[PDB]
**Q** 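Lab note: structure loaded, ligand of interest is imatinib.
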Amino acid sequence: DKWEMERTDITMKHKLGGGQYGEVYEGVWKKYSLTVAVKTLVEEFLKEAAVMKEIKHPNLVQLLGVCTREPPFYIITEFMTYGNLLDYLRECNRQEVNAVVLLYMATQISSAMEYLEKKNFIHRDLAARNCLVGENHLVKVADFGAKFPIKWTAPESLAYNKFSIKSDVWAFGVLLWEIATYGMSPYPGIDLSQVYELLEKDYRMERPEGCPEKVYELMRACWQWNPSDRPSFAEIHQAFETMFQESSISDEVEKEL
Amino acid sequence: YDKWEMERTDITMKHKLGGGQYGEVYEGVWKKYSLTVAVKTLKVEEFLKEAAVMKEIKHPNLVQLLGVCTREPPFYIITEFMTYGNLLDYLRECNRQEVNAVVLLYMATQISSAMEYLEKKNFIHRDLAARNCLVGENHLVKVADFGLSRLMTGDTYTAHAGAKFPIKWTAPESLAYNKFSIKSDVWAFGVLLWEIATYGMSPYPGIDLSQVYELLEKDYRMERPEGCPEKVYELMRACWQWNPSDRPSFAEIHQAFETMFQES
Ligand SMILES: Cc1ccc(NC(=O)c2ccc(CN3CCN(C)CC3)cc2)cc1Nc1nccc(-c2cccnc2)n1
Ligand SMILES: Cc1ccc(NC(=O)c2ccc(CN3CCN(C)CC3)cc2)cc1Nc1nccc(-c2cccnc2)n1
Ligand SMILES: CC(=O)NC1=NN(c2ccc(Cl)c(Cl)c2)CC1
Ligand SMILES: CC(=O)NC1=NN(c2ccc(Cl)c(Cl)c2)CC1
């Protein structure tokens, strides 16, 4: 189909970010001299390729082409010039990447998730390490990959192996906490083998330093024990666009002073 | 239909805002931009007079009209939604180490900037108070007018001159001769300043409404509240000059806050 391209069109450079993403390489799509990202390799691979042709949205990593006729196989996406969000936040300049920016990043991510909610997709591994940063603080959600990230995992997935858009809502709340702490690890110091029983007894992380009340209110809503008591991503996204607009106006008033 | 008219199906109506706190105002969604909005509904000339007034007011610190639905009943007036609600309850509930002196200065500055605009456009507010302001993310403050004398029960509004007045916000010339002007808004702003410095205490605490007029005419004024800076208290007092023409203009008040805010 339209997405198939010759492996010759791509100059495969070297493996991306010290291989921390696995078999994903920096590449050059030669006809356009365009730096791209290339996943190489089995039927899960083709399933991923099949899914990525079905999703398009400003804040989801954009598929550019595939190579699926003979090995080795390629999934080709855009290259995001600032890398993954967790490392960005951990190394950023906090006076440039300030509260208006942090809010902008959460708004974009909730936008991607509302889109996946709308098309009935589930993410299953939402976290800062799975998001990418471009120019102008553009953020796009991606998915790089008995092995959980327990600290991002909703109670019904720990206990019953049930995943849903609502367990992505749970993980979105933890991602908010990652943003608010510029990429600290959640539940600081807490034995991850006791997290399930702590959650069952209504333990949650306290508001991190500097986090706005309403953002923390949304985190706590994301962390409701019942999946059905959690907000939809449409509700979360609406709350963030409304906040982001208020914050942008306040930012301009402040500059004008 | 003019340029503000919007199709009803552009809005998802969700539920009464504050559950009826504000009367026939609903929380809604402007779907195409994923924005929460406030929607005022007619359960008529006065309704459309309000919409017409708001079509002339565009300022960062005033509530912004987004559209109206006037093709068939029920009629809608649509504005933005402010995440943190009204300023009075916000001040009463906030975390004071987060909402500190510089944020209070910032909120007063934004409110004075909105009133300077109303002054320049020759509008009068007539009911300026913390309960009529809204707070948004990143300490945004916007001035609104909810028509609260109709909705609010309690001692805030009391009968006077065949009307309802917030006595403790009302300038003397308005209490006495029912005369309202931008200078009686300047009086109310001084009281609003005192609401801010006290994180939302009721003005003239412990003094009965029956006493307020006589006290003000005999030159009583509220004391500087604990922690309020002296130059901010000086502005309050200038706002509470007995003769309306001795009160400062909102242009002057905003300039004074501008200067203060950048020295901090
Ligand atoms: C090279 C590649 C191959 C495949 C993918 N795929 C995805 O990112 C993805 C996102 C969402 C889904 C949707 N899916 C639906 C169902 N559930 C279960 C899972 C998610 C699937 C794949 C991305 C990439 N891009 C990628 N990968 C790793 C690193 C980088 C990268 C690193 C640094 C700078 N720029 C880019 N870029
Ligand atoms: C939905 C609506 C419809 C109309 C209005 N109108 C005004 O706010 C207003 C402000 C200034 C004037 C100027 N006017 C000029 C002269 N006269 C004398 C008085 C003032 C007129 C109307 C607001 C709203 N918004 C509104 N109403 C109630 C509650 C809320 C609300 C509550 C919580 C969070 N966010 C929003 N929001
Ligand atoms: C160290 C520090 O002060 N962090 C604070 N986090 N803020 C924040 C703003 C918007 C969002 Cl969405 C989130 Cl999650 C957090 C503001 C500043
Ligand atoms: C309880 C308490 O300490 N209140 C004080 N109010 N201050 C204040 C600063 C600027 C302005 Cl414009 C205003 Cl109105 C008040 C600072 C702190």
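The chains referred to below are lettered A, B, ... by the order of the sequence lines, with proteins before strands, and numbering in each begins at 1. Structure determined by X-ray crystallography, 2.3 Å. In what follows, every heavy atom counts, from backbone to side chain, and hydrogens, waters and symmetry copies are set aside. For ligands, and for the atoms within them, numbers begin at 1 and follow the listed sequence.
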**Q** Can you list every ligand or chain that belongs to imatinib?
**A**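 Counting every copy, ligands 1 and 2.
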**Q** Which chain makes more heavy-atom contacts with imatinib (ligand 1) than any other chain, name per the PDB entry?
**A** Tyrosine-protein kinase ABL1
**Q** Return the chain letters whose heavy atoms come under 4.0 Å from imatinib (ligand 1), other chains only.
**A**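 Going by heavy atoms, that would be A.
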**Q** Using a 4.0 Å heavy-atom cut-off, say whether A:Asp143 meets imatinib (ligand 1) through its side chain, its backbone, both or neither.
**A** both
**Q** I need the contact type for A:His123 against imatinib (ligand 1). Using non-hydrogen atoms and a strict under-4.0 Å cut-off, is it side chain, backbone, both or neither?
**A**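 Under 4.0 Å from imatinib (ligand 1), A:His123 contributes backbone atoms alone.
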**Q** Using a 4.0 Å cut-off to any heavy atom of A:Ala142, which atoms of imatinib (ligand 1) qualify?
**A**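 Once the distances to A:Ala142 are compared, the set is 8 (O), 10 (C).
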**Q** Using distance alone, decide if imatinib (ligand 1) has a nitrogen or oxygen within less than 3.5 Å of any nitrogen or oxygen in A:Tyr21.
**A**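 Looking only at distances, the answer is no, because the N/O contact criterion of under 3.5 Å is not met.
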**Q** Among all protein non-hydrogen atoms, which one is nearest to atom 31 (C) of imatinib (ligand 1), and what is the separation to 0.1 Å?
**A** A:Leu16 CD2, 3.7 Å
**Q** Please say whether A:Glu78 places an N or O atom under 3.5 Å from an N or O atom belonging to imatinib (ligand 1).
**A** no
**Q** Does imatinib (ligand 1) come near enough to A:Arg124 that some N or O of the ligand is less than 3.5 Å from an N or O of the residue?
**A** no
**Q** Between A:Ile122, A:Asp168, A:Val133, which one has a non-hydrogen atom sitting closest to atom 16 (C) of imatinib (ligand 1)?
**A** A:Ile122
**Q** So, is A:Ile55 polar-close to imatinib (ligand 1), with some N/O to N/O distance under 3.5 Å?
**A** no
**Q** Map the residues of chain A touching imatinib (ligand 1) onto UniProt domains and name the domain holding most of them.
**A** Protein kinase
